[PDB]
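Pictured: Peroxisome proliferator-activated receptor gamma, co-complexed with ciglitazone.
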Amino acid sequence: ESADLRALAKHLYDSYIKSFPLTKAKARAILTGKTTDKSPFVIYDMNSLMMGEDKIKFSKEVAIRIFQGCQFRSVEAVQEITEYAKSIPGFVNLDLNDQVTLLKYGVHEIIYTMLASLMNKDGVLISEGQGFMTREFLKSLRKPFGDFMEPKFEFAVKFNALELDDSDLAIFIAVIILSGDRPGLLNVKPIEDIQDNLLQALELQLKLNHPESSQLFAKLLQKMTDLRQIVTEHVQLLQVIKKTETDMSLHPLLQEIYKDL
Ligand SMILES: CC1(COc2ccc(CC3=[SH]C(=O)NC3=O)cc2)CCCCC1
């Protein structure tokens, strides 16, 4: 019955809002500076970056500070995602070692999915939207850290072209966690039973919310290829900073879900 799917769709969107402080709705409202009830401070070089603290709650180089921000932002999102994931029906019932494995492997694909909500083609919101750092300022950093964000902007523009809203994303990111082809899953079939369910919810949720978009379902499922390549590119980048920056700490949670290859 499609009516139970809808009850599932509503439950997830509700836990989504409850787990993530900055929705896509709030982000698009900040970004279209026609809604100027709260406008972002814009960082665009190092001058802007320095004044961004006379204004915003924010000798140790800048590209690394930039990056250990992106680091501890990633910690932030992982804890919001694991909280969101507990709320997915059946997920907390699963073998504990497999809870950990869906999370290990689904979380980064989910940071970059949601990173798109914060993104347009010129930059990305910062500190839960108070600030907005340009895409070029990012591109300009010290020669290694000078391109880590660049494949996110690449995916985000093409992903944001589908124009999903949060009530669509909440079901999509659930599908991502509940994959079943993650490495090392002891019992995968109950995982596939839940995802069959999430897929059905997602399919009819897109069908009802975007009824002029033939096969948005097929086209949204394809973008899962782009997340996998973002994650690999990122882990490769990550290793170069390790060696060419032996003074560069990394958070052990991030360090923990990063078991490479
Ligand atoms: C991480 C962003 C936005 O979110 C940020 C928040 C804060 C800082 C700066 C910080 S956070 C800290 O603990 N110390 C700092 O110097 C940087 C970024 C999203 C991903 C793309 C790059 C930017």
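Chain A uses the PDB entry numbers throughout; the residues present, in order, are 207-264, 274-476. In each ligand, atom 1 is the first atom listed, and ligand 1 is the first ligand listed. Quick note: numbers below take in every heavy atom, side chains included, and nothing from hydrogens, waters or symmetry partners.
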(message) Got a sec? Need all the ligands or chains for ciglitazone.
(response) ligand 1
(request) Find the residues of chain A UniProt lists as binding rosiglitazone whose heavy atoms come closer than 4.0 Å to ciglitazone. (result) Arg288
(message) I keep wondering which UniProt domain of chain A most residues near ciglitazone fall into. Any thoughts?
(response) NR LBD
(request) Name the residues that contact ciglitazone at heavy-atom distances below 4.0 Å. (result) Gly284, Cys285, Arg288, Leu340, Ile341, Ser342, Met364
